[PDB]
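Letters go in sequence order (proteins before strands), and every chain restarts at 1. Atoms considered below: every heavy atom in the structure, side chains included; atoms not considered: hydrogens, waters and symmetry mates. As the structure lists them, so they are numbered: ligands from 1, and atoms in each ligand from 1.
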2 protein chains.
Amino acid sequence: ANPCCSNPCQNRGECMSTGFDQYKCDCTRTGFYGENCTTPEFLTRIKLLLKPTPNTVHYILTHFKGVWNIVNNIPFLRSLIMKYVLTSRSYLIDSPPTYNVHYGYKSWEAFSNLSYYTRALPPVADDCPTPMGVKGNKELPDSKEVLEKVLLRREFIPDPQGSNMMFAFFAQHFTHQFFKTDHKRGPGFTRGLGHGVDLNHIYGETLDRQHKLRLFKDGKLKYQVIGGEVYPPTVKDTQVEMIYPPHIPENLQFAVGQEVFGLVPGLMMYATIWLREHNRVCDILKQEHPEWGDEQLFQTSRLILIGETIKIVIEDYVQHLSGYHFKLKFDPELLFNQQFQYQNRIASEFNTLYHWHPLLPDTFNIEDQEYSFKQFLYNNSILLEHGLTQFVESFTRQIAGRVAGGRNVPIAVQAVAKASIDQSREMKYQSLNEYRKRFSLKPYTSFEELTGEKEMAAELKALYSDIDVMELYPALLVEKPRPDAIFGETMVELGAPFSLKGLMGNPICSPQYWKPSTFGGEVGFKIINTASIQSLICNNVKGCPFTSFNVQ
Amino acid sequence: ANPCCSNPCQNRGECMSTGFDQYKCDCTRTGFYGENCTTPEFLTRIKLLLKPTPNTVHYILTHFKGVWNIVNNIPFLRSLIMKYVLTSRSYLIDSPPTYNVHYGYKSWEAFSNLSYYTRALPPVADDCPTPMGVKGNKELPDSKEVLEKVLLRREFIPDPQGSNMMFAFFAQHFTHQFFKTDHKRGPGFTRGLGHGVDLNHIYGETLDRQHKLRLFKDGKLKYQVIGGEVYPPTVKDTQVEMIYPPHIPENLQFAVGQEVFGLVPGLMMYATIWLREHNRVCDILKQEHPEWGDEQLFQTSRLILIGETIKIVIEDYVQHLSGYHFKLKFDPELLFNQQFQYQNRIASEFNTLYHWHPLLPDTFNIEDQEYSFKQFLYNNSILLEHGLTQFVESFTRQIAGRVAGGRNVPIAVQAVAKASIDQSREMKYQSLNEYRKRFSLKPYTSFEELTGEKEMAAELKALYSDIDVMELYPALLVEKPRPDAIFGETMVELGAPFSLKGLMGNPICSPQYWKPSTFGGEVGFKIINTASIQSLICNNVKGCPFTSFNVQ
Ligand code: HEM
Ligand code: HEM
Ligand SMILES: *[C@@H]1O[C@H](CO)[C@@H](O[C@@H]2O[C@H](CO)[C@@H](O[C@@H]3O[C@H](CO)[C@@H](O)[C@H](O)[C@H]3NC(C)=O)[C@H](O)[C@H]2NC(C)=O)[C@H](O)[C@H]1NC(C)=O
Ligand SMILES: *[C@@H]1O[C@H](CO)[C@@H](O[C@@H]2O[C@H](CO)[C@@H](O[C@@H]3O[C@H](CO)[C@@H](O)[C@H](O)[C@H]3NC(C)=O)[C@H](O)[C@H]2NC(C)=O)[C@H](O)[C@H]1NC(C)=O
Ligand SMILES: Cc1ccc(-c2cc(C(F)(F)F)nn2-c2ccc(S(N)(=O)=O)cc2)cc1
Ligand SMILES: Cc1ccc(-c2cc(C(F)(F)F)nn2-c2ccc(S(N)(=O)=O)cc2)cc1
Ligand SMILES: CCCCCCCCO[C@@H]1O[C@H](CO)[C@@H](O)[C@H](O)[C@H]1O
Ligand SMILES: *[C@@H]1O[C@H](CO)[C@@H](O)[C@H](O)[C@H]1NC(C)=O
Ligand SMILES: *[C@@H]1O[C@H](CO)[C@@H](O)[C@H](O)[C@H]1NC(C)=O
Ligand SMILES: *[C@@H]1O[C@H](CO)[C@@H](O)[C@H](O)[C@H]1NC(C)=O
Ligand SMILES: *[C@@H]1O[C@H](CO)[C@@H](O)[C@H](O)[C@H]1NC(C)=O
């Protein structure tokens, strides 16, 4: 019935119903006019001709290694380039946020209710004749069919970028501070009211939990020593609620910021590394500030670890993902004479696109052992058995799986992949191509253009019939990868903007925050500005083991 | 104890303790350097010489009536001027917010905890030797003494700007959506988690309350008809919690967004006017959108009333307060090519400075009657007795009191003035002069310079001894007023920045919001862009009585 069910309005024009059968597009500031915001304004046509495609730009970022080598060493050029990578993307994210699972038009409820993931594209109205709007059949294809036919791994396909398990677990650990779906309410709701990098996964969402996690001397987090090694405290000692299956002995129930982290030893590894890091920074701060009390030492340390986390993500993590020869930089100052909103809201689609389960291997290989999924999950002995050092050495060596290119979701975790499909539909996601369009990408004209091959395309075609009805999530995992890259174009172009907004939108990047005293002086500031995945592990793991995000 | 107690750092440098007895100032981006951020940089000296004082600028805004008359009629000049008034102030507010009652240094707790009023200046550390830091005596003067000596009204001093009761009650009504101190926690905490103009005082803080207040047809708010006139529903019909003394009969317990509004008939007057307005905009929207359901009609109407509210406040309310000959304009577009944070956090100091109780008259005069405080409070009969029309006519005629200039707090309300003093101290406010310095104002060098007279100055001197120990709140009510103005310099210069930030920071002012479809089309948009205090009363109060914020 809804006359906007067709997504009539293009180039970001907003569709509004003007009577039961008519509609109108608001093209304000889109750069286009006409009934459907498809006729470009003169100034808009220039831009549309002087605008390289993302695939061109990526090509330039991943070639001319010699030229980038020179740029990387001219601080003022490096700054000019990073500033461009930061700002070019800004315009792709609504901020303040707009829509959510229940609101396809702006409302105060949508803006003000922090429990919702926000939405880059509004849901398909409940009374549209098809799931994707007006196109396709009354129902989407059997999710199980799509799962089995183009998603499930036959043979393990390694990531050509050499991503490793140190990377896979870092992504899970880091992303799981802001992806915390509140399943009691539904898939489109969140328990991460911080809506960003606040390290609630170390310190807790709520003051109540934070306080159980704290030692209240020297600003430190409680911890225990086992075989001379530092580890998170126990549930028994802290009373913080954790999710453990009943058969887990009280002494193995580790308490950390995030209630789910006890479930995977990879998580607990990072949880332990970051716990050590926080207490480490405390000793540094106390040294500088014998006048300081427990609160200030604690809060300052937290501010510093937020900085470290943003640094490592941009300069090591995204760096490695990108494959860029240009050396990415974490420098808030680059946005200071620029228009930018220091605020963020986690988008449902960001969450969805970030279900990188293909990363996971068939077995988890530590030292001599090869642990099956069954053996690895909820088994922290494995951690105590080998220790952090051996975990880091091992995970640095084991290659992670390719995410795009299709057929690489481990069977052990198929239920999670099916849910990703089913819950997308539940949330009334628009189609792959609508999302491509929304991110300034050219719609795919056939399934074969999407996959870059024939077999999976043919299966997808038989299932969906029309490319314009293809779904975002599966498309992501099935897409033709960039050359020797871990992802396809859609993943990158949707992901980068959400990612940089959540990184740079954090308040410590704001002018009033981004200064030495915020972090307890120049020595605190330097911890942030010199932080790296290597130092993090080096400072906190015994024998300062070498690590990196790819199998060297 | 704390080295930072004396407030050593100037020009917005941050004080940090470097050892028990030393300190350091972070002057990053202040424009000054040196141990105390007092030595200006070359570029800073130019600015400091080409910068007119606020008292000069005010003079220019309130004279040359002929010139402003021309500027007000050249749309592009009017736009250039308002843009300057908007932006000149921006730099005075920390956004993202920084400090609060418990945090004198930035922390994630301070930033993230939405229950706190933020702070424009950090509290005085708990272990400073004096209340103001290092200056003054171990305790401030008897708050009662200050109350009685320079705050209590002998004779009613009328506002020379001719502010009236329609104005007084509008400020109470409007401000009381974002000033809602949570007294269970303490004076530095708020129940207004919207931290701005969200009209929760009409619609409720929580979804639960909103829903009890709503009719669920045509997007309307419940209401009742009494003697052919429309009024808010009752507590018995709705179950919404209100604050009424026990002797109030169930049929007089009106339910509205803000639990406290039943306490003053002036509040209930506006509460009724805005309730009517909301249902009025619903009829308009249904007419335009017969396709629309109850939710969308309700939410859109709310978006529109937010807009109307921001419009009226800038173009009528602040207009009248300012005394400016320049015609202020509500135009979000003026900030679109500008650096600005669409976000806000209510400052404790804003709350404090807005305790405009001197506005209140000795009696409330409606038609023939002269009601005492005792008779007026919690008495909604008075409203049903005379009706809205007669209330508007009467309150348009009755002059309000002058706020600055001293000795004008009605005795009936002395307890509230004392609390304002006591709770300031409880929250560890810095001194008047610290706050002056913080808003780029020149410290007062004597009490006589503050009051502009001798008698109240002498009393204040005998009480405080040192001008540099004088307190913000009393100073506000006692200050020498601008010429024939309602306020003194300190009130204006502190007040204006907080005020404009809360008005313009609202998301509907953000580019992705400020467009017709957000408000259900050009007809909804036009309601916002033509709204005025007069159109509000006229479309909603029988007889379309003439109203205004000032006495005729
Ligand atoms: C290591 C073994 C893993 C298992 C057994 C697993 C399984 C699951 C399960 C059951 C969920 C939904 C429940 C939850 O919140 O935890 C989930 C969600 C998710 N997974 Fe994983 N996963 C694993 C690793 C990873 C990795 C490496 C990533 C890469 C970032 C990842 C990304 C995500 C994301 C972003 C969600 C959504 C979380 C939420 O909405 O709360 N997972 N996975
Ligand atoms: C109409 C008769 C009025 C009465 C009986 C009254 C009384 C009070 C009382 C008892 C309080 C503190 C009570 C509490 O917060 O629990 C208060 C606070 C306050 N008053 Fe008034 N007042 C009146 C009018 C006004 C007006 C015209 C203004 C002008 C703006 C005003 C400004 C304020 C403000 C800003 C607060 C702070 C409340 C908060 O922090 O949440 N009042 N008033
Ligand atoms: C963010 O949006 C959420 C979804 O709208 C809100 O969650 C919903 O709030 C309601 C309570 O405020 C619940 O509705 C039910 O309403 C009936 C009416 O009479 C009550 O009796 C019920 O007790 C109440 N709940 C139950 C158990 O039936 C919704 O169930 C509730 N949850 C969901 C997922 O819809 C959030 O409240 C909102 N957040 C904020 C801060 O307002
Ligand atoms: C914003 O900051 C507020 C002020 O710190 C927080 O409010 C405080 O949270 C505490 C709950 O975590 C309460 O403290 C008490 O702690 C002991 C622990 O052993 C409990 O037994 C007590 O029952 C608990 N309070 C009670 C009911 O006695 C504080 O009372 C509470 N309020 C104040 C004024 O401090 C807010 O929690 C915080 N907001 C967020 C979102 O974290
Ligand atoms: C979820 C997500 C997706 C992308 C990014 C990201 C950000 C950036 C940058 F440079 F803008 F910072 N690049 N970049 C990126 C670029 C290219 C690839 S690739 N090698 O798969 O084509 C992979 C990642 C980050 C997070
Ligand atoms: C609480 C508060 C305080 C000041 C203002 C304000 C804002 C503005 C402006 F500039 F933005 F338009 N002026 N302006 C203002 C200016 C001058 C006076 S006056 N007649 O007392 O000197 C009174 C008010 C608003 C709210
Ligand atoms: C209204 C005309 C008199 C005002 C000036 C009074 C100076 C302060 O006088 C005070 O008056 C208070 C209010 O009645 C009383 O509660 C106190 O006992 C008294 O000290
Ligand atoms: C917009 O395209 C044209 C108007 O130029 C119109 O025929 C069409 O109906 C509109 N879009 C859709 C989906 O039909
Ligand atoms: C957990 O790991 C331990 C130690 O390596 C192993 O012996 C045990 O079998 C594992 N338990 C499960 C249920 O996999
Ligand atoms: C800052 O002012 C000067 C340093 O230039 C010095 O006299 C003074 O003591 C410093 N701080 C204080 C406490 O005034
Ligand atoms: C309330 O007002 C009514 C009529 O306006 C008046 O007669 C009555 O005395 C007042 N009641 C109180 C409680 O003062």
Task: Partner of ligand 5 with greatest heavy-atom contacts, name from UniProt - done: Prostaglandin G/H synthase 2
Open item on the list: Can you remind me what the drug at ligand 5 is called?
Closed with: celecoxib
- [ ] Give the letters of all other chains with a heavy atom closer than 4.0 Å to celecoxib (ligand 5).
- [x] A
Open item on the list: Help me out - nearest UniProt active-site residue of chain A to celecoxib (ligand 5), and the heavy-atom distance to 1 Å?
Closed with: A/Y354, 4 Å
Open item on the list: Below a 4.0 angstrom heavy-atom separation, can you tell me which part of A/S499, side chain or backbone, both or neither, approaches celecoxib (ligand 5)?
Closed with: side chain
Task: Option with minimal heavy-atom separation from atom 13 (N) of celecoxib (ligand 5), where the choices are A/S322, A/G323, A/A171, A/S88 - done: A/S322
Open item on the list: Side chain, backbone, both or neither: which applies to A/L500 and celecoxib (ligand 5) if a contact is any heavy-atom pair less than 4.0 Å apart?
Closed with: side chain
TODO: Report the part of A/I314 in contact with celecoxib (ligand 5), treating N, CA, C, O as backbone and CB onward as side chain, heavy atoms under 4.0 Å; options are side chain, backbone, both, neither.
DONE: neither
Task: Under-4.0 Å heavy-atom contact with celecoxib (ligand 5), by part of A/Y324 that carries it - done: side chain
Open item on the list: I need the contact type for A/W356 against celecoxib (ligand 5). Using non-hydrogen atoms and a strict under-4.0 Å cut-off, is it side chain, backbone, both or neither?
Closed with: side chain
Open item on the list: Mind pulling out the UniProt substrate-binding residues of chain A that sit under 4.0 Å from celecoxib (ligand 5) by heavy-atom distance?
Closed with: A/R89, A/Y324
Open item on the list: Quick one: what's the binding site of celecoxib (ligand 5) if I count heavy atoms under 4.0 Å?
Closed with: A/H58, A/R89, A/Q161, A/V318, A/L321, A/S322, A/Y324, A/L328, A/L353, A/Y354, A/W356, A/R482, A/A485, A/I486, A/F487, A/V492, A/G495, A/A496, A/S499, A/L500
